[PDB]
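Lab note: Angiotensin-converting enzyme, omapatrilat bound.
Residue numbers run from 1 in the order of the sequence given. These numbers come from the heavy atoms of this one structure, side chains and all, not from hydrogens, waters or symmetry mates. Read the numbers this way: they start at 1 and go in the same order the structure lists the ligands and their atoms.
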Amino acid sequence: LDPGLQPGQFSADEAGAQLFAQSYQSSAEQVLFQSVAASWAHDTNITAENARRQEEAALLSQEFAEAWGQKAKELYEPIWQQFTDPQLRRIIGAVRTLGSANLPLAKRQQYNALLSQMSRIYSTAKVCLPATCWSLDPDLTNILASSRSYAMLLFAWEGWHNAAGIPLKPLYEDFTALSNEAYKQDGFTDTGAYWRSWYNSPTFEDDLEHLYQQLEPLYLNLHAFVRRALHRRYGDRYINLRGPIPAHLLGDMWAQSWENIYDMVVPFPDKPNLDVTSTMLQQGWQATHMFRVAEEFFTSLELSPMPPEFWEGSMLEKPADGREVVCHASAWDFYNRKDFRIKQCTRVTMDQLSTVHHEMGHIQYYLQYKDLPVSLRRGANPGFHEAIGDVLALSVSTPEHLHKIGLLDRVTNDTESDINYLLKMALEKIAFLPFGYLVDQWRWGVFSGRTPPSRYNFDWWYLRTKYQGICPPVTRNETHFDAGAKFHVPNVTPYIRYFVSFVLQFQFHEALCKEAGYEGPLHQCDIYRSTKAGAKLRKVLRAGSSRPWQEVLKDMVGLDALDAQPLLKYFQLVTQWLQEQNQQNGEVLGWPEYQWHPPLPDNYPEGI
Ligand SMILES: *[C@@H]1O[C@H](CO[C@@H]2O[C@@H](C)[C@@H](O)[C@@H](O)[C@@H]2O)[C@@H](O[C@@H]2O[C@H](CO)[C@@H](O)[C@H](O)[C@H]2NC(C)=O)[C@H](O)[C@H]1NC(C)=O
Ligand SMILES: *[C@@H]1O[C@H](CO)[C@@H](O[C@@H]2O[C@H](CO)[C@@H](O)[C@H](O)[C@H]2NC(C)=O)[C@H](O)[C@H]1NC(C)=O
Ligand SMILES: O=C(N[C@H]1CCS[C@H]2CCC[C@@H](C(=O)O)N2C1=O)[C@@H](S)Cc1ccccc1
Ligand SMILES: *[C@@H]1O[C@H](CO[C@@H]2O[C@@H](C)[C@@H](O)[C@@H](O)[C@@H]2O)[C@@H](O)[C@H](O)[C@H]1NC(C)=O
Ligand SMILES: [Cl-]
Ligand SMILES: [Zn+2]
């Protein structure tokens, strides 16, 4: 480690620790930037060499965290928890958490390299036929979204899960062991316990379970209503009205949101098509237009536009030069207060417009807290970060707003168009809730040892059936590693943040709509051009992680905890309607035939 990055001598008291923190975060900006820069070069251009360079940067980051962590324990380990400055206590507590810098050098290299190889496998895996080959994005994504051929959907689902998951499993086992070894030396029972510590809530898991209990009836009724529609399309042979739904039939490779089968379950197909994708294509929208439209929503709230460095440096379309890239959408802070970027293989669809807003919400956060010391350049918690752009997307998706931006002819404020809209939104938001909850239940069990390699897939499908009420459409065994076929697992991105975000965003929406002076139904609110709403949001974003998220949340919504009531209030009308439809059709809520799996299509896979 270069001498200019190594820690100096400071007095072992709070005054000295304030200077210590200043010195730490001036040198951390330089180290963070070289790490982020090298990850960018790899993720937009996957090669062996860019992997080598990203690993050299990670090693340097670990030398740096080691030097400053040790010094902080040396100087302040007995005293810092009694510092009177609460922001300083946060910074010091973070610095003395070394994570993978606790590993000896050779295990640092093995850990850094497992990450590179798992990333490569996920983002370069292909599904080949009997002879070109399909990538996840756009090819398999488009098939899962738009094909209504059971056998084609099956070939894509099985092909993807086999191609990504199987080769990842031995690597994922090795990564898990090294991660745990590292964080045990910070005092955590396992890596999962460290991830959970970010929410600074002793009742976190209980609080999440309580939340899910209030939401599950909504999901169960949505599930039964959709299962009935799939039964009509595919037949009693492939759909069991009292069993789990085959996992390839819900419009999405992971069955995690169902908006792509809206056209199949829309009760009132005579009414205007609330999926404006066709109009977007008709009108010639491109990725740049989508990002500019999102930007203008932010500036309408008097938040910040995207800076020149964003437009010059971001990757907004999949490269056509054949380069391999990580296509999964992501947002990047280079910790130099100047460079901020999105990397997204943008497609022209309505759901991609929502994802553009999701990613730009991250950038806005970065811009609002870029002048905090680096340790506070974080969401109040990770769920806050994932929620920001989704909140704006809630306003954008209203038929009123879509009409304002030229994507929909005005609809009638009647009950039936209301039901169409809330149902489309339920397919996007309610259907996700079980998946957002279960992914880290699986991963926490892996980190804790409750789920050894011998049960990776057994416990994954236990949770997928328990929570989502789906089943694999072909037999699986422990050679398969179906959790590995979901980006965040090999790319080691925690997931409970998305469950938190999907609850939180309705708490935020309700607060911002009240602040805008809106007084109609919550699900028709559009906060566009509300400078009052923008001001309330700006307060959150500029706080970073300098204050406890419970306090930041109370300032914003009036309450110091996650709360399902705003989401329930948003969906109330369709919650009731779905309950009624299910009763009239005599549905069974849930999936009591929990063992059921569909048969294979005749002659599969030969007829394609
Ligand atoms: C749309 O109409 C609502 C009124 O609800 C209607 O009632 C049903 C019987 C059926 O007609 C639904 O399709 C309708 O939505 C308006 O909401 C009211 O706004 C006032 C304003 O002061 C407010 O005080 C009331 O509480 C609101 N009532 C309800 C039931 O929420 C709403 O503003 C209209 N919005 C648009 C965009 O047309
Ligand atoms: C993708 O990354 C590779 C490095 O792995 C880049 O290849 C280098 O390209 C520069 C061009 O300025 C040459 O000077 C080097 O000799 C190349 N090195 C190797 C090993 O090929 C490549 O340019 C990158 N591609 C893009 C589109 O940025
Ligand atoms: O979050 C992300 N990207 C989005 C894009 C699609 S929308 C969104 C909401 C639903 C849940 C989740 C889903 O798709 O699985 N999700 C995403 O992953 C990125 S910022 C996460 C990331 C962080 C660091 C490095 C790399 C990636
Ligand atoms: C695991 O599964 C592998 C492939 O799946 C198999 O093929 C389908 C068509 C069905 O026959 C299904 O029952 C099978 O699982 C097998 O190659 C492998 O032997 C299976 N067992 C193990 C231990 O890997
Ligand atoms: Cl998280
Ligand atoms: Zn995100």
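- Across the structure, omapatrilat can be traced to ligand 3.
- Listed by number with element, the atoms of omapatrilat under 4.0 Å from a non-hydrogen atom of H362 are 20 (S).
- For omapatrilat, the polar-atom distance check against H488 finds a nitrogen or oxygen pair separated by under 3.5 Å.
- Most residues of chain A touching omapatrilat map to the UniProt domain Peptidase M2 1.
- Not one N or O of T355 is nearer than 3.5 Å to an N or O of omapatrilat, by distance alone.
- Using a 4.0 angstrom heavy-atom cutoff, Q344 does not count as in contact with omapatrilat.
- Omapatrilat places these atoms under 4.0 Å from at least one heavy atom of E386: 1 (O).
- Between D390 and omapatrilat, no N or O atom pair is found at a separation short of 3.5 Å.
- Heavy-atom separations between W254 and omapatrilat are all 4.0 Å or longer.
- Taking distance alone, with nitrogen or oxygen atoms compared against 3.5 Å, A329 approaches omapatrilat more closely than that limit.
- Omapatrilat has no atom lying under 4.0 Å from any heavy atom of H385.
- By the criterion of a heavy-atom distance under 4.0 Å, the side chain of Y495, and not its backbone, is placed next to omapatrilat.
- The shortest N/O to N/O separation between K486 and omapatrilat falls below 3.5 Å.
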